[PDB]
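Throughout, protein chains are lettered first and strands after them, A, B, ... in sequence-line order, and every chain is numbered starting at 1. Whatever order the structure lists them in is the order used to number ligands and atoms, beginning at 1. When reading the values below, keep in mind they use all heavy atoms of this one structure, side chains included, and skip hydrogens, waters and symmetry mates.
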Amino acid sequence: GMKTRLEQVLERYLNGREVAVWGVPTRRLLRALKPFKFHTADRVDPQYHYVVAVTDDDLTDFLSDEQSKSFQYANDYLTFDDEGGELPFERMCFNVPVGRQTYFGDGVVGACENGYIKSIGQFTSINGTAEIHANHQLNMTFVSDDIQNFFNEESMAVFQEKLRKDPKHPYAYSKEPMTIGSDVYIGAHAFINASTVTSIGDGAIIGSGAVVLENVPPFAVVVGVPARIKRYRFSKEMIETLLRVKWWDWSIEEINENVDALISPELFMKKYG
Amino acid sequence: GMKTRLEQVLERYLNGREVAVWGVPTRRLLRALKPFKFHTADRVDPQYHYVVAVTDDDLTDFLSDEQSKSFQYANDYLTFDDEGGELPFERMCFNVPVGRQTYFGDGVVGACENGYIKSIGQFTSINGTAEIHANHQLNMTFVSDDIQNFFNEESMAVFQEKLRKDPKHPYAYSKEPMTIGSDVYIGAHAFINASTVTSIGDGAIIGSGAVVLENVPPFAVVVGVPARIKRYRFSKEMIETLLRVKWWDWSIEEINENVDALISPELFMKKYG
Amino acid sequence: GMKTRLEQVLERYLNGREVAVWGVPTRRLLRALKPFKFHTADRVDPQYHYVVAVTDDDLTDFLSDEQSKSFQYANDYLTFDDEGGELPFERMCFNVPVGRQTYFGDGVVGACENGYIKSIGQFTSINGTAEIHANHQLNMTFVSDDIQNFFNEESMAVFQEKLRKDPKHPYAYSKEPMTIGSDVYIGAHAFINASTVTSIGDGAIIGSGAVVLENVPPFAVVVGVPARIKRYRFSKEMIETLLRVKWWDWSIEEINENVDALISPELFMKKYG
Ligand SMILES: NC[C@@H]1O[C@H](O[C@H]2[C@@H](O)[C@H](O[C@@H]3[C@@H](O)[C@H](N)C[C@H](N)[C@H]3O[C@H]3O[C@H](CN)[C@@H](O)[C@H](O)[C@H]3N)O[C@@H]2CO)[C@H](N)[C@@H](O)[C@@H]1O
Ligand SMILES: NC[C@@H]1O[C@H](O[C@H]2[C@@H](O)[C@H](O[C@@H]3[C@@H](O)[C@H](N)C[C@H](N)[C@H]3O[C@H]3O[C@H](CN)[C@@H](O)[C@H](O)[C@H]3N)O[C@@H]2CO)[C@H](N)[C@@H](O)[C@@H]1O
Ligand SMILES: NC[C@@H]1O[C@H](O[C@H]2[C@@H](O)[C@H](O[C@@H]3[C@@H](O)[C@H](N)C[C@H](N)[C@H]3O[C@H]3O[C@H](CN)[C@@H](O)[C@H](O)[C@H]3N)O[C@@H]2CO)[C@H](N)[C@@H](O)[C@@H]1O
């Protein structure tokens, strides 16, 4: 096993408090909360309770309740069914590190569990609808994957070592897990092909509906099906500066002391050129 | 707060009856039903009970039950988790008016809550899969939105007034909310860009998968990514007639007395040309 | 009524055992399990219990539990909310036969209930995100379908027989239900138009995001919006051999005795040319 998003938060911030469950629990959540005292949330006080909304619909009910004016996000509450949500600290998602202020949808965390990704960067914004799938094998008479359920030991072996010896890397085998940089935007209905992409450059923008079939260089704004660059983010000199200064690894104080360097693209250039 | 779809229906049609809950309640639903007598649905009689299916899967179970032969849609039953469903009367959806016989999916109601839309017309058919998102800011060194969580008062102010002064209207700021006309069809996997669209013309057809990036004139059938017209609905003289006669604002009696004007496009033209 | 996926499995494999419910039941599931003894799963033994995970999230919890090491898929457990999941035997899905090792998502089973499909083949792999919708009527002044809710008997009749007399087959009327062959791959965000497609050839590959608007001949690899062939699977002589040998109708013993005929495309050709 390994820790879920909620478990990681509770480790940090629960601080011996009781867990006030806001919503109908699921068996998975009840396994998580088994070591703690917990109860169906009634009257709640952040000094004594940490509130776990089960679903995002359960969260909206809580935040509409006057009782939640005192609760601070992450420190005092969290949604349980939200493994790919943003956090103010670096977290883990099935041995995939993801930085701060970084969210994604069920498709991506799904890809994380499969191991299609090695890391997601900082301040990265991925739409819920986006999907990341590998490709099936093209070298054989079949493309069905679940035919593998019918194979014995002997058929499994001969099938499983033909996949390992493949250039086009089916099922994301034989390749490095994908790497998604910081300050990336991925739009709705998008697709990144895990069998052929190894890295998405920092600050790259994927237009919505676009279908990425190969690595996107840093700051390449890409649309259309498949994905070709229509515009770059900034000048190539500005690109190479951002990759050394690494403002996304900054502290919070460094963000609020160099605000207007971030707000103005070329005001930044004077300071870190 | 403001009234949900269910609350609006119950106001109209509950008429002092008890609410028979068909399904496992959610905390959000239980907040809604708090003022009324309600119970886990067992034997139900529309003379005494109004049946609220919690989920759409709960609804199918009810409609398969022989007990539901006597219940009429809206008047006697409704799904709770169905904020974007059709209704025989004009309704509200987060201060967004939507006409009669008009449905949409979770993406659109999501856009409604954000305020990306000003109104949805009558007899409008929007696929569940469709999504409506704004664009992030392109004028800065970053595109991440949730970096805003790290800003203090002072950083928030300088960041928030640069957005207000923007031509491309990021986050749907500084622009009129979108307006969706009557008799519109939007297909599956579609996308309308809330940062750049202000109005979708009445009777416009969005082909599925199409990505609308700018206003669609009335009756423009549009496909492809992005969205360009491949065909118009009717002749331009027929277009300008429909915009004055406004058959979608008709009564029910006017629909059933002028049936074959609606069924035949050019039979309509003789009456209202 | 007709039998769901779970009911069909339980008929085959329950064998007088008790149903151990792993998760929060739904009213629909509780209707299914009404004839059997069943209980909230605690300590479970496949000799005495069949475990029904309600949701797929409930399933992952079960499979992470050490108690599930003894349970075999289908024979001893199954997800309830998974009507379009793979099975080792041919099954039914709303009078739509689907072969072995064949899965699809909520869109397709949705299309099945509508009757847009006549059969799904063997070893067919359809992404969850794929959608299958018919087209609305284009012959009239309106495209809204739910305006039909406002029609009386008389308006319904004149409206319903104009649809039956249509070349473009709106609402999948007047046409054969769609047929999906064996060994088909359909990718994410895809769309097959039920109003214009009658058959997808065996072994056809639909690239993800592609929008199929007309029949795909066997083994045509198709991408882009709309869907045009960029490559065929195998040589046209190999195509016509696979359609007679029909390896997807094989037994399991025939799969494991002719493994390397399936793994190697042209090694197959020597045996069955
Ligand atoms: N507020 C509407 C809510 O949105 C939900 O999720 C969708 C979307 O809104 C939601 O928004 C995501 C959240 O996830 C995540 N927790 C924080 C992130 N900043 C936010 O960002 C997203 O929505 C922001 C609106 N602040 C937009 O500014 C931003 O453009 C967009 N990327 O992510 C989903 C993407 O598709 C549900 N769709 C809807 O039912 C619900 O009501
Ligand atoms: N009947 C199948 C059901 O469909 C559900 O939702 C999908 C679709 O079917 C459903 O259908 C919508 C409903 O929403 C809404 N309440 C009324 C509207 N007339 C209807 O319309 C939609 O389905 C009609 C089939 N009358 C089609 O005639 C019409 O082309 C299509 N726009 O909207 C969703 C769009 O994607 C679930 N996908 C599936 O699980 C369920 O079983
Ligand atoms: N393992 C991740 C899980 O995936 C889920 O569903 C998605 C996907 O993964 C899932 O996978 C389907 C299953 O359905 C179905 N029961 C068996 C089938 N062999 C499998 O196949 C799919 O995932 C396989 C990963 N073996 C891939 O090898 C294969 O390329 C892909 N078609 O189908 C969905 C397609 O979109 C959820 N998205 C996620 O929450 C969950 O955690």
**Prompt:** Which polymer chain sits in most contact with ligand 3, and what is its name in the PDB entry?
**Reply:**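 By most contacts, it's Aminocyclitol acetyltransferase ApmA.
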Self-check item: Drug identity at ligand 3 (teniposide, metocurine, neomycin, adagrasib, selatogrel)
Solution: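 From the list, neomycin.
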- neomycin (ligand 3): other chains, heavy-atom cut-off 4.0 Å: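 Based on heavy atoms, that gives A, C.
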- Query: What residues contact neomycin (ligand 3) if the heavy-atom distance limit is 4.0 Å?
  - Reply: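 Going by non-hydrogen atoms, it's A:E113, A:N114, A:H133, A:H136, A:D145, A:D146, C:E86, C:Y103, C:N127, C:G128.
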